Amino acid sequence: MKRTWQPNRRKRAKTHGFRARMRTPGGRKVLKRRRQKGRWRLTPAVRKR
Amino acid sequence: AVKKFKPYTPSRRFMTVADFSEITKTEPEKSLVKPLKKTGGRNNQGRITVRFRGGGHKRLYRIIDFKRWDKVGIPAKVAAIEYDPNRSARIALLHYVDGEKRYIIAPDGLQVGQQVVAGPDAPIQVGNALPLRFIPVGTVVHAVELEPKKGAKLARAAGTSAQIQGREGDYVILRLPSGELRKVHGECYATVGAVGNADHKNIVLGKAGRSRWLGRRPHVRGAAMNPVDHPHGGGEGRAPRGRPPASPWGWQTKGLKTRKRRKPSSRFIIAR
RNA sequence: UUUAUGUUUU
RNA sequence: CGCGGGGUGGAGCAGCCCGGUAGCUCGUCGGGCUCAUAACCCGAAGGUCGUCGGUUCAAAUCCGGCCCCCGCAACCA
RNA sequence: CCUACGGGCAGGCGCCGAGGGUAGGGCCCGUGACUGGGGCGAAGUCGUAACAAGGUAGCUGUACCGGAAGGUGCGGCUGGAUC
RNA sequence: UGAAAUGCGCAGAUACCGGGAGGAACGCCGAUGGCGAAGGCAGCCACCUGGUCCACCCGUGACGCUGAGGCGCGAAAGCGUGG
RNA sequence: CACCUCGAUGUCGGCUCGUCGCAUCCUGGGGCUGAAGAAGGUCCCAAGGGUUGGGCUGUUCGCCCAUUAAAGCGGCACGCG
RNA sequence: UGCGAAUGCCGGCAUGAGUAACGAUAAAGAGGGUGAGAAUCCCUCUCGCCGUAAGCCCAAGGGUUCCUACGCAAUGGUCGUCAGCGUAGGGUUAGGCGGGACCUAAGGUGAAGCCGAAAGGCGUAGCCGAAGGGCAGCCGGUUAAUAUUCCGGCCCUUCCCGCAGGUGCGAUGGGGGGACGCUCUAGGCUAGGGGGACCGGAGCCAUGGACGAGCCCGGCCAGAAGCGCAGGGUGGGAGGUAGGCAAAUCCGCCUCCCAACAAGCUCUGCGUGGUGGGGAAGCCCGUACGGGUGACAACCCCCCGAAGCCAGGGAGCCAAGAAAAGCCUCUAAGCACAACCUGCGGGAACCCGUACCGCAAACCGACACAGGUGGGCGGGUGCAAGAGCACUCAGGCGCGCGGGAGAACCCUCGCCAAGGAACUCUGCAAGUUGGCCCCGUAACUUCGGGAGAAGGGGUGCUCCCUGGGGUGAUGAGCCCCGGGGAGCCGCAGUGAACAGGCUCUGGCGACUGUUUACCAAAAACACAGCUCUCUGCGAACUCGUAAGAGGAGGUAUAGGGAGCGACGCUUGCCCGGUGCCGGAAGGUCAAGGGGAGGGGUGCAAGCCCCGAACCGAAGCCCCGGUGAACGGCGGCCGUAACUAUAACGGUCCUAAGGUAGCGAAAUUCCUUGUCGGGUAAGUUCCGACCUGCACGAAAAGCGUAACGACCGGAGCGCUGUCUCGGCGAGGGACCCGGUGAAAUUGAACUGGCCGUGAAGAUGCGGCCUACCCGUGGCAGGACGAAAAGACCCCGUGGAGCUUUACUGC
RNA sequence: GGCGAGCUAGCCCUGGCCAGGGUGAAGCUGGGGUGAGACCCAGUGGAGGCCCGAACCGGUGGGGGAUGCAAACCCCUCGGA
RNA sequence: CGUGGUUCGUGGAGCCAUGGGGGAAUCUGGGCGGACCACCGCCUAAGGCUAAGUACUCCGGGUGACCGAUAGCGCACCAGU
Ligand SMILES: NC[C@@H]1O[C@H](O[C@H]2[C@@H](O)[C@H](O[C@@H]3[C@@H](O)[C@H](N)C[C@H](N)[C@H]3O[C@H]3O[C@H](CO)[C@@H](O)[C@H](O)[C@H]3N)O[C@@H]2CO)[C@H](N)[C@@H](O)[C@@H]1O
Ligand SMILES: [Mg+2]
Ligand SMILES: [Mg+2]
Ligand SMILES: [Mg+2]
Ligand SMILES: [Mg+2]
Ligand SMILES: [Mg+2]
Ligand SMILES: [Mg+2]
Ligand SMILES: [Mg+2]
Ligand SMILES: [Mg+2]
Ligand SMILES: [Mg+2]
Ligand SMILES: [Mg+2]
Ligand SMILES: [Mg+2]
Ligand SMILES: [Mg+2]
Ligand SMILES: [Mg+2]
Ligand SMILES: [Mg+2]
Ligand SMILES: [Mg+2]
Ligand SMILES: [Mg+2]
Ligand SMILES: [Mg+2]
Ligand SMILES: [Mg+2]
Ligand SMILES: [Mg+2]
Ligand SMILES: [Mg+2]
Ligand SMILES: [Mg+2]
Ligand SMILES: [Mg+2]
Ligand SMILES: [Mg+2]
Ligand SMILES: [Mg+2]
Ligand SMILES: [Mg+2]
Ligand SMILES: [Mg+2]
Ligand SMILES: [Mg+2]
Ligand SMILES: [Mg+2]
Ligand SMILES: [Mg+2]
Ligand SMILES: [Mg+2]
Ligand SMILES: [Mg+2]
Ligand SMILES: [Mg+2]
Ligand SMILES: [Mg+2]
Ligand SMILES: [Mg+2]
Ligand SMILES: [Mg+2]
Ligand SMILES: [Mg+2]
Ligand SMILES: [Mg+2]
Ligand SMILES: [Mg+2]
Ligand SMILES: [Mg+2]
Ligand SMILES: [Mg+2]
Ligand SMILES: [Mg+2]
Ligand SMILES: [Mg+2]
Ligand SMILES: [Mg+2]
Ligand SMILES: [Mg+2]
Ligand SMILES: [Mg+2]
Ligand SMILES: [Mg+2]
Ligand SMILES: [Mg+2]
Ligand SMILES: [Mg+2]
Ligand SMILES: [Mg+2]
Ligand SMILES: [Mg+2]
Ligand SMILES: [Mg+2]
Ligand SMILES: [Mg+2]
Ligand SMILES: [Mg+2]
Ligand SMILES: [Mg+2]
Ligand SMILES: [Mg+2]
Ligand SMILES: [Mg+2]
Ligand SMILES: [Mg+2]
Ligand SMILES: [Mg+2]
Ligand SMILES: [Mg+2]
Ligand SMILES: [Mg+2]
Ligand SMILES: [Mg+2]
Ligand SMILES: [Mg+2]
Ligand SMILES: [Mg+2]
Ligand SMILES: [Mg+2]
Ligand SMILES: [Mg+2]
Ligand SMILES: [Mg+2]
Ligand SMILES: [Mg+2]
Ligand SMILES: [Mg+2]
Ligand SMILES: [Mg+2]
Ligand SMILES: [Mg+2]
Ligand SMILES: [Mg+2]
Ligand SMILES: [Mg+2]
Ligand SMILES: [Mg+2]
Ligand SMILES: [Mg+2]
Ligand SMILES: [Mg+2]
Ligand SMILES: [Mg+2]
Ligand SMILES: [Mg+2]
Ligand SMILES: [Mg+2]
Ligand SMILES: [Mg+2]
Ligand SMILES: [Mg+2]
Ligand SMILES: [Mg+2]
Ligand SMILES: [Mg+2]
Ligand SMILES: [Mg+2]
Ligand SMILES: [Mg+2]
Ligand SMILES: [Mg+2]
Ligand SMILES: [Mg+2]
Ligand SMILES: [Mg+2]
Ligand SMILES: [Mg+2]
Ligand SMILES: [Mg+2]
Ligand SMILES: [Mg+2]
Ligand SMILES: [Mg+2]
Ligand SMILES: [Mg+2]
Ligand SMILES: [Mg+2]
Ligand SMILES: [Mg+2]
Ligand SMILES: [Mg+2]
Ligand SMILES: [Mg+2]
Ligand SMILES: [Mg+2]
Ligand SMILES: [Mg+2]
Ligand SMILES: [Mg+2]
Ligand SMILES: [Mg+2]
Ligand SMILES: [Mg+2]
Ligand SMILES: [Mg+2]
Ligand SMILES: [Mg+2]
Ligand SMILES: [Mg+2]
Ligand SMILES: [Mg+2]
Ligand SMILES: [Mg+2]
Ligand SMILES: [Mg+2]
Ligand SMILES: [Mg+2]
Ligand SMILES: [Mg+2]
Ligand SMILES: [Mg+2]
Ligand SMILES: [Mg+2]
Ligand SMILES: [Mg+2]
Ligand SMILES: [Mg+2]
Ligand SMILES: [Mg+2]
Ligand SMILES: [Mg+2]
Ligand SMILES: [Mg+2]
Ligand SMILES: [Mg+2]
Ligand SMILES: [Mg+2]
Ligand SMILES: [Mg+2]
Ligand SMILES: [Mg+2]
Ligand SMILES: [Mg+2]
Ligand SMILES: [Mg+2]
Ligand SMILES: [Mg+2]
Ligand SMILES: [Mg+2]
Ligand SMILES: [Mg+2]
Ligand SMILES: [Mg+2]
Ligand SMILES: [Mg+2]
Ligand SMILES: [Mg+2]
Ligand SMILES: [Mg+2]
Ligand SMILES: [Mg+2]
Ligand SMILES: [Mg+2]
Ligand SMILES: [Mg+2]
Ligand SMILES: [Mg+2]
Ligand SMILES: [Mg+2]
Ligand SMILES: [Mg+2]
Ligand SMILES: [Mg+2]
Ligand SMILES: [Mg+2]
Ligand SMILES: [Mg+2]
Ligand SMILES: [Mg+2]
Ligand SMILES: [Mg+2]
Ligand SMILES: [Mg+2]
Ligand SMILES: [Mg+2]
Ligand SMILES: [Mg+2]
Ligand SMILES: [Mg+2]
Ligand SMILES: [Mg+2]
Ligand SMILES: [Mg+2]
Ligand SMILES: [Mg+2]
Ligand SMILES: [Mg+2]
Ligand SMILES: [Mg+2]
Ligand SMILES: [Mg+2]
Ligand SMILES: [Mg+2]
Ligand SMILES: [Mg+2]
Ligand SMILES: [Mg+2]
Ligand SMILES: [Mg+2]
Ligand SMILES: [Mg+2]
Ligand SMILES: [Mg+2]
Ligand SMILES: [Mg+2]
Ligand SMILES: [Mg+2]
Ligand SMILES: [Mg+2]
Ligand SMILES: [Mg+2]
Ligand SMILES: [Mg+2]
Ligand SMILES: [Mg+2]
Ligand SMILES: [Mg+2]
Ligand SMILES: [Mg+2]
Ligand SMILES: [Mg+2]
Ligand SMILES: [Mg+2]
Ligand SMILES: [Mg+2]
Ligand SMILES: [Mg+2]
Ligand SMILES: [Mg+2]
Ligand SMILES: [Mg+2]
Ligand SMILES: [Mg+2]
Ligand SMILES: [Mg+2]
Ligand SMILES: [Mg+2]
Ligand SMILES: [Mg+2]
Ligand SMILES: [Mg+2]
Ligand SMILES: [Mg+2]
Ligand SMILES: [Mg+2]
Ligand SMILES: [Mg+2]
Ligand SMILES: [Mg+2]
Ligand SMILES: [Mg+2]
Ligand SMILES: [Mg+2]
Ligand SMILES: [Mg+2]
Ligand SMILES: [Mg+2]
Ligand SMILES: [Mg+2]
Ligand SMILES: [Mg+2]
Ligand SMILES: [Mg+2]
Ligand SMILES: [Mg+2]
Ligand SMILES: [Mg+2]
Ligand SMILES: [Mg+2]
Ligand SMILES: [Mg+2]
Ligand SMILES: [Mg+2]
Ligand SMILES: [Mg+2]
Ligand SMILES: [Mg+2]
Ligand SMILES: [Mg+2]
Ligand SMILES: [Mg+2]
Ligand SMILES: [Mg+2]
Ligand SMILES: [Mg+2]
Ligand SMILES: [Mg+2]
Ligand SMILES: [Mg+2]
Ligand SMILES: [Mg+2]
Ligand SMILES: [Mg+2]
Ligand SMILES: [Mg+2]
Ligand SMILES: [Mg+2]
Ligand SMILES: [Mg+2]
Ligand SMILES: [Mg+2]
């Protein structure tokens with residue numbers, strides 16, 4: 001039956017993407033937090049083109 | 001008149017529809033003057049500020065002329081009478097001799113191919129607009145300006161109207177469709193006649209769906225809710241109200257007056 | 001401007 | 001037997017708190033008006049206050065028991 | 001089978017057919033817990049509507065109301081007494 | 001009103017004057033009168049329109065009377081929708 | 001009453017499957033009778049076996065229909081999820 | 001700083017156990033091959049399964065899974081030589097397909113501007129934003145693997161430059177246009193399909209017959225200009241002009257004059273078209289596939305025929321159906337040895353995607369998971385139609401453990417003597433019915449319905465006669481609708497598959513619809529419709545501190561709130577209390593005004609404090625109104641010439657004492673009320689009565705046709721529900737081979753009875769019984785497992801909710 | 001103080017989808033009817049939160065599954081269409 | 001007048017700050033010494049800057065009656081994997 005994950009690449013960037021993080025100060029802080037922990041990825045990896 | 005239907009389904013049985021014979025050729029409306037696009041949203045920014053709305057037929061906006069003084073002395077011929085989905089009234093398309101085109105909310109009796117005009121000049125026959133000061137006491141008139149130059153506001157609804165009761169100073173006294181007696185500035189335009197298509201009040205939606213078409217989504221009673229949702233929520237086994245009948249937000253909905261007490265407006269009124 | 005009523009049969 | 005109210009001329013109600021005398025409408029009896037009855041008018045009679053005990057100087061009245069009456073309660077199980 | 005055999009008969013099949021069965025209707029009669037009013041039956045109860053102007057003139061179609069008669073509104077008739 | 005009481009009124013009533021709003025009905029004329037098939041119809045004006053009478057003796061030539069059904073009208077109350 | 005059980009002893013009725021007690025419903029044996037016979041009443045012995053099918057209600061139970069030799073009462077965590 | 005317990009924490013290893021399982025009951029068998037090893041890999045043949053798919057093509061999402069070589073430790077539920085797995089190498093080619101150097105939608109963002117303690121929130125233009133608009137590629141061939149991408153053929157787009165011809169050229173600005181709904185549709189076509197006695201073709205004559213107008217296979221695809229058949233779109237002049245925020249010669253409006261017709265001018269679709277290209281069966285090869293030939297293949301007639309195209313076609317309807325650019329036109333600056341337009345020619349054309357999976361072993365579900373996932377194609381025959389159903393093409397599959405056995409038991413199926421609901425809470429379940437044609441059809445009704453009512457008959461095949469319709473001709477064929485007659489066969493003709501059981505009678509809800517994703521689909525919500533109430537427009541109301549926004553680009557026939565809930569007939573009395581509404585008085589009432597009068601301190605001028613009259617809002621008090629506002633709508637006693645009963649009366653209270661209509665009811669406690677009906681028998685059901693514990697009128701009262709997977713009662717039909725079981729089938733269970741879990745588990749050498757014990761003992765006492773160990777089975781016990789009882793209490797634990805609790809905002 | 005509407009609810013913009021049967025409203029045309037009408041009858045027409053029924057959307061009853069194929073599935077049946 | 005700050009929770013409540021209202025003076029001016037008054041004293045508001053002593057440890061170094069791979073940072077090992 002239809003589950004929770006229904007991946008759509010456009011959603012993912014537009015929602016959790018790098019640029020979307022930088023508008024909201026809440027988001028700029030996530031980046032800050034993630035960067036300070038030294039996460040290898042500050043933002044969900046997405047793809048194609 | 002009105003359209004009835006043989007009961008060939010339930011609800012086709014009670015259904016009543018508008019009599020469209022009044023409508024001069026129509027089917028497509030008139031671009032140029034109107035339509036614009038209608039942004040069809042049910043909420044303010046983000047959020048629902050009026051309940052039970054949405055859905056219902058896509059609708060083009062005919063942009064209508066509420067300041068007639070715009071062209072004084074220029075006459076115009078009534079080209080058509082059309083169906084406008086955005087109001088109870090019907091709109092008249094009128095061709096000015098300028099070759100300018102405007103829609104007017106169509107008064108009762110105004111018929112295609114008759115000359116119409118606006119100004120202090122202004123014959124007092126139907127479909128014509130004048131400042132109130134020059135309309136003769138006792139004449140029934142529609143599409144009034146509430147303040148001069150601000151545009152028609154009062155009696156625009158299907159088959160509505162206002163009577164001119166008297167005159168005081170630069171103000172004249174109208175009895176509005178509500179029955180309120182109000183002073184309105186003399187310089188305010190208005191247009192002789194009543195609004196027309198007054199049979200409007202007698203159509204019968206007939207069924208759940210017809211109410212949907214009009215963009216009207218089901219309305220649910222507090223009584224049917226839980227107490228989290230409403231003063232009337234809870235208990236069940238149904239219940240009387242158990243308090244003065246209230247709105248979702250808690251104010252009394254039977255009798256409680258609303259109009260702001262101290263209002264500059266307050267000084268120009270006089271009735272119910 | 002205070003009244004209602006009169007047992008059955010000859 | 002849980003909680004509350006009650007028992008007063010023939011009927012229906014007061015009077016009980018706070019003590020001391022029992023009052024109202026109807027009904028009853030006697031007399032009037034009427035040809036007569038009722039209405040109407042003038043007079044009169046009639047209650048130990050459910051009951052036993054207690055309290056007091058005195059108990060319908062304050063107190064306790066028993067007998068009846070009305071109302072409410074009997075939920076989670 | 002009989003022949004007087006291009007036949008008749010027995011026999012076979014078929015139509016229709018009394019009726020029987022199944023199904024659904026229409027009319028009439030009887031009957032039924034209960035219920036409605038009606039007629040009739042010397043001396044039971046409540047009132048007094050009508051007959052005299054009936055003590056609110058009566059009656060009337062309708063509507064509403066009321067233990068009951070009745071009452072009241074609207075209009076109508078005189079089959080209403082009274083100067 | 002029989003007499004009263006309810007009601008209303010010192011929060012300024014009733015009585016009086018001026019202004020406005022709204023609905024209904026049309027005093028005198030008006031008659032014991034007129035019109036209408038009936039129910040019914042009454043301020044004034046205009047439009048549309050029915051019946052009816054009189055004068056003339058001109059035209060049709062019995063084309064008439066009534067009238068089961070049918071159809072239409074039909075006071076008051078009453079009902080539906082809007083006012 | 002509040003003793004084991006609230007870090008769980010699933011709770012009515014039915015169904016299936018029984019098993020046991022006897023204070024016996026039937027059948028077997030008896031005494032007494034207000035036991036003529038037949039048929040009962042009443043007590044004693046006796047638990048081997050037997051102890052019906054329906055209508056009503058979730059019902060147990062009752063009531064009712066039709067039968068029967070009889071349509072027994074109980075216990076078994078109101079036996080048995 | 002010493003561990004045995006904390007359902008402790010981390011780890012390791014046990015127990016159950018060689019136990020359950022190995023993931024759809026579509027299904028397999030054999031021969032050959034490879035190899036150390038083969039049920040499992042390859043190949044052949046036979047068998048079975050999908051086929052509106054389980055085939056094919058898109059889009060998502062995935063991201064090497066693609067092709068090949070070499071591999072088998074692990075992954076694969078077994079095996080593996082195989083693989084979507086390991087290693088390695090290769091593989092994705094575009095001016096025309098998609099997307100971007102185009103447009104705009106919601107929304108987003110946001111010069112101006114507005115607002116906000118900061119962060120930030122708004123917001124006209126503009127900008128971003130697409131599966132919408134716009135825009136030029138068709139057929140075939142090639143690779144192990146890409147192809148509208150390479151190739152071949154045929155065909156087009158834009159940009160730059162240049163010639164020639166033409167024209168007032170010129171835009172982000174004006175105007176046109178783009179440009180739009182739903183249902184139903186016409187004519188002509190195309191895709192697609194069927195038939196052919198015609199054309200082409202390897203071959204074939206068995207097994208009794210057939211050398212035949214036999215069987216079998218195939219009889220196309222694309223294509224500029226021109227042409228033809230369809231169809232779309234469009235009037236042409238002139239004059240006036242004050243409108244289209246400048247200007248227009250354009251558009252608009254007014255008046256004349258021509259056409260009125262597609263005539264014309266166009267633009268599409270289809271046909272034809274130079275030419276190019278394809279091209280079966282079968283047989284021969286080799287697979288791991290593809291290749292030779294069949295061929296110089298043929299390449300045509302007829303029919304059926306779209307939901308597709310002509311497309312902006314038409315008709316009807318109401319709920320009244322995007323934008324912007326491209327495009328055309330108009331003019332403005334400007335510029336007019338510019339420019340733009342048309343034709344020809346040359347040159348110039350960039351970035352990204354392109355493998356493979358894609359109803360699934362490659363996506364979402366921890367899995368090679370019986371689930372989920374949008375668009376297109378989806379052949380043939382028959383059955384009324386159809387995408388339904390059965391079989392079947394193409395194509396794809398037999399689902400990654402097997403072999404046996406033939407027990408109980410389970411699951412899923414088939415049949416059943418007599419009976420036929422006796423089963424049970426209940427006909428739950430399963431039976432019955434079942435498609436089409438015709439006959440036929442009641443109460444009631446809102447006249448539509450109720451209706452598929454009910455209940456019947458027909459249904460195949462054969463020969464003969466025969467009526468219409470479509471194409472063709474006014475004809476033959478071929479399609480399509482039928483009609484009549486005479487026969488044939490079986491148990492049976494919608495011969496298999498798909499395909500209502502029906503009636504009567506209550507309750508609730510009018511109806512279609514909505515809901516507790518994952519125990520409730522309902523009598524609950526919603527619903528048209530009725531009432532009340534608010535709201536004069538910068539409306540009320542809602543969201544927001546605000547700006548702002550919704551309401552609404554609406555205006556009282558509108559909008560918010562509330563109840564009620566189609567419709568029918570109705571909806572009574574009480575305004576004392578509460579709420580709301582009205583009330584220019586009066587009472588109270590805060591700050592403030594006001595200061596009679598008092599106090600501190602100074603020698604004093606003073607400074608500084610209290611502070612009575614009095615004047616001061618709303619609110620409350622107070623007076624009124626209000627019920628489709630919250631709400632409420634009595635008690636005792638008596639009375640009739642039989643008795644009963646009480647139309648009648650008395651009295652007490654109230655704001656008023658429940659009207660109509662209903663009533664043992666979705667309400668009735670007593671209760672299985674009483675009576676009637678149904679039944680052999682009826683705690684339910686139906687009709688009555690009324691003694692209504694404790695109906696009653698918009699938290700509506702009482703009815704109502706129709707409707708209902710709602711809930712109740714009854715009958716017919718028919719049944720394995722049952723008396724009451726039986727047999728049978730298949731998937732399991734069982735035995736063998738392969739792989740191999742789980743909760744649970746103080747340790748165990750773990751019996752019955754009568755006792756005892758913390759009151760229910762394998763574990764204590766007495767006695768009884770009992771050789772050791774298993775396997776298939778049933779569930780009485782281990783107060784069996786699971787979940788630190790949801791009930792209950794307790795905690796001065798918590799949370800949601802209410803209000804005339806307190807206190808605040 | 002942040003993160004979430006890739007599930008789910010509502011709404012907004014933009015596209016798409018609904019085999020095939022059945023019933024046969026209005027309106028039209030004609031006929032009758034009338035003073036004129038209402039109206040009646042035919043034929044045509046093709047309306048509907050109309051009917052049957054696939055796709056599609058559901059989730060009614062039952063059976064199965066319950067360390068499942070599945071942390072909601074499967075079969076039969078059933079509602080809309 | 002309304003609040004904050006101080007130990008000061010309205011308290012006899014000054015001091016410093018200030019949202020609102022009113023609203024001066026320039027040495028004989030002004031604030032303060034805890035309501036107010038007198039006296040006696042202190043200090044000069046409504047402009048600004050100012051090292052050092054102080055805080056911290058991403059970083060380097062030295063020490064340890066600090067751990068020694070279930071310890072010690074989450075990470076001694078290609079771990080914010
Ligand atoms: N026929 C009488 C009809 O009914 C009613 O009449 C009935 C009653 O009203 C009437 O009852 C009357 C009563 O009015 C009057 N006030 C008292 C009287 N005793 C009664 O009389 C009745 O009762 C007694 C029994 O005791 C009988 O014997 C007697 O025959 C009978 N009429 O008796 C009548 C029955 O016959 C109407 N009055 C009358 O208009 C109507 O027509
Ligand atoms: Mg779905
Ligand atoms: Mg997940
Ligand atoms: Mg996307
Ligand atoms: Mg999205
Ligand atoms: Mg890195
Ligand atoms: Mg916005
Ligand atoms: Mg936002
Ligand atoms: Mg309306
Ligand atoms: Mg509602
Ligand atoms: Mg609720
Ligand atoms: Mg909430
Ligand atoms: Mg609330
Ligand atoms: Mg409530
Ligand atoms: Mg209730
Ligand atoms: Mg009397
Ligand atoms: Mg007498
Ligand atoms: Mg008393
Ligand atoms: Mg007293
Ligand atoms: Mg005493
Ligand atoms: Mg409780
Ligand atoms: Mg016969
Ligand atoms: Mg009298
Ligand atoms: Mg009278
Ligand atoms: Mg009198
Ligand atoms: Mg009288
Ligand atoms: Mg009289
Ligand atoms: Mg009455
Ligand atoms: Mg009475
Ligand atoms: Mg008369
Ligand atoms: Mg007074
Ligand atoms: Mg006359
Ligand atoms: Mg008269
Ligand atoms: Mg006249
Ligand atoms: Mg003559
Ligand atoms: Mg003559
Ligand atoms: Mg006759
Ligand atoms: Mg009348
Ligand atoms: Mg009238
Ligand atoms: Mg205990
Ligand atoms: Mg335990
Ligand atoms: Mg014995
Ligand atoms: Mg005994
Ligand atoms: Mg015996
Ligand atoms: Mg004997
Ligand atoms: Mg039963
Ligand atoms: Mg019982
Ligand atoms: Mg017990
Ligand atoms: Mg038990
Ligand atoms: Mg049980
Ligand atoms: Mg240890
Ligand atoms: Mg220990
Ligand atoms: Mg441990
Ligand atoms: Mg085992
Ligand atoms: Mg086993
Ligand atoms: Mg096994
Ligand atoms: Mg071999
Ligand atoms: Mg070998
Ligand atoms: Mg094999
Ligand atoms: Mg992809
Ligand atoms: Mg890989
Ligand atoms: Mg591969
Ligand atoms: Mg391996
Ligand atoms: Mg291996
Ligand atoms: Mg393996
Ligand atoms: Mg596996
Ligand atoms: Mg090998
Ligand atoms: Mg590989
Ligand atoms: Mg190319
Ligand atoms: Mg492509
Ligand atoms: Mg492109
Ligand atoms: Mg470029
Ligand atoms: Mg753009
Ligand atoms: Mg913004
Ligand atoms: Mg900003
Ligand atoms: Mg696009
Ligand atoms: Mg596109
Ligand atoms: Mg393109
Ligand atoms: Mg092409
Ligand atoms: Mg190709
Ligand atoms: Mg279009
Ligand atoms: Mg067509
Ligand atoms: Mg062919
Ligand atoms: Mg042969
Ligand atoms: Mg031959
Ligand atoms: Mg072809
Ligand atoms: Mg000109
Ligand atoms: Mg201009
Ligand atoms: Mg279609
Ligand atoms: Mg089209
Ligand atoms: Mg069109
Ligand atoms: Mg643009
Ligand atoms: Mg130009
Ligand atoms: Mg110039
Ligand atoms: Mg490719
Ligand atoms: Mg593919
Ligand atoms: Mg699938
Ligand atoms: Mg698909
Ligand atoms: Mg799968
Ligand atoms: Mg695959
Ligand atoms: Mg698998
Ligand atoms: Mg998967
Ligand atoms: Mg799907
Ligand atoms: Mg069929
Ligand atoms: Mg198709
Ligand atoms: Mg199929
Ligand atoms: Mg095949
Ligand atoms: Mg398998
Ligand atoms: Mg058989
Ligand atoms: Mg049988
Ligand atoms: Mg039978
Ligand atoms: Mg039943
Ligand atoms: Mg049930
Ligand atoms: Mg069933
Ligand atoms: Mg018929
Ligand atoms: Mg019918
Ligand atoms: Mg039938
Ligand atoms: Mg048959
Ligand atoms: Mg046959
Ligand atoms: Mg023909
Ligand atoms: Mg035939
Ligand atoms: Mg069949
Ligand atoms: Mg069938
Ligand atoms: Mg059917
Ligand atoms: Mg419903
Ligand atoms: Mg429904
Ligand atoms: Mg649920
Ligand atoms: Mg839930
Ligand atoms: Mg369920
Ligand atoms: Mg349902
Ligand atoms: Mg359910
Ligand atoms: Mg907001
Ligand atoms: Mg606010
Ligand atoms: Mg605002
Ligand atoms: Mg706004
Ligand atoms: Mg707006
Ligand atoms: Mg309701
Ligand atoms: Mg009421
Ligand atoms: Mg009453
Ligand atoms: Mg009263
Ligand atoms: Mg009241
Ligand atoms: Mg009051
Ligand atoms: Mg009140
Ligand atoms: Mg005064
Ligand atoms: Mg006052
Ligand atoms: Mg003061
Ligand atoms: Mg002061
Ligand atoms: Mg006040
Ligand atoms: Mg007053
Ligand atoms: Mg009350
Ligand atoms: Mg008596
Ligand atoms: Mg008597
Ligand atoms: Mg009485
Ligand atoms: Mg009963
Ligand atoms: Mg009740
Ligand atoms: Mg029941
Ligand atoms: Mg009943
Ligand atoms: Mg009551
Ligand atoms: Mg009720
Ligand atoms: Mg009510
Ligand atoms: Mg209701
Ligand atoms: Mg009812
Ligand atoms: Mg239902
Ligand atoms: Mg069976
Ligand atoms: Mg078997
Ligand atoms: Mg003991
Ligand atoms: Mg024991
Ligand atoms: Mg011992
Ligand atoms: Mg053993
Ligand atoms: Mg065993
Ligand atoms: Mg056991
Ligand atoms: Mg346990
Ligand atoms: Mg516990
Ligand atoms: Mg507690
Ligand atoms: Mg607490
Ligand atoms: Mg927050
Ligand atoms: Mg969503
Ligand atoms: Mg929903
Ligand atoms: Mg489809
Ligand atoms: Mg005609
Ligand atoms: Mg439908
Ligand atoms: Mg259906
Ligand atoms: Mg189900
Ligand atoms: Mg179910
Ligand atoms: Mg189950
Ligand atoms: Mg089970
Ligand atoms: Mg403080
Ligand atoms: Mg304090
Ligand atoms: Mg202190
Ligand atoms: Mg202080
Ligand atoms: Mg000081
Ligand atoms: Mg200060
Ligand atoms: Mg200040
Ligand atoms: Mg100084
Ligand atoms: Mg100091
Ligand atoms: Mg001091
Ligand atoms: Mg002070
Ligand atoms: Mg100092
Ligand atoms: Mg360091
Ligand atoms: Mg060491
Ligand atoms: Mg380690
Ligand atoms: Mg470590
Ligand atoms: Mg170590
Ligand atoms: Mg560190
Ligand atoms: Mg660690
Ligand atoms: Mg590392």
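In what follows, every chain begins at residue 1, and chains take the letters A, B, ... in the order their sequences are listed. Method of determination (from the header): X-ray crystallography, 3.3 Å. We count ligands from 1, going down the list as the structure has it; atoms in each ligand are counted the same way. Only part shown; contacts counted inside that part.
Counting heavy-atom pairs under 4.5 Å, the chain with the largest count for ligand 1 is, by its name in the PDB entry, 16S ribosomal RNA. The molecule at ligand 1 is the drug named paromomycin. With a cut-off of 4.0 Å on heavy atoms, the other chains touching paromomycin are E.
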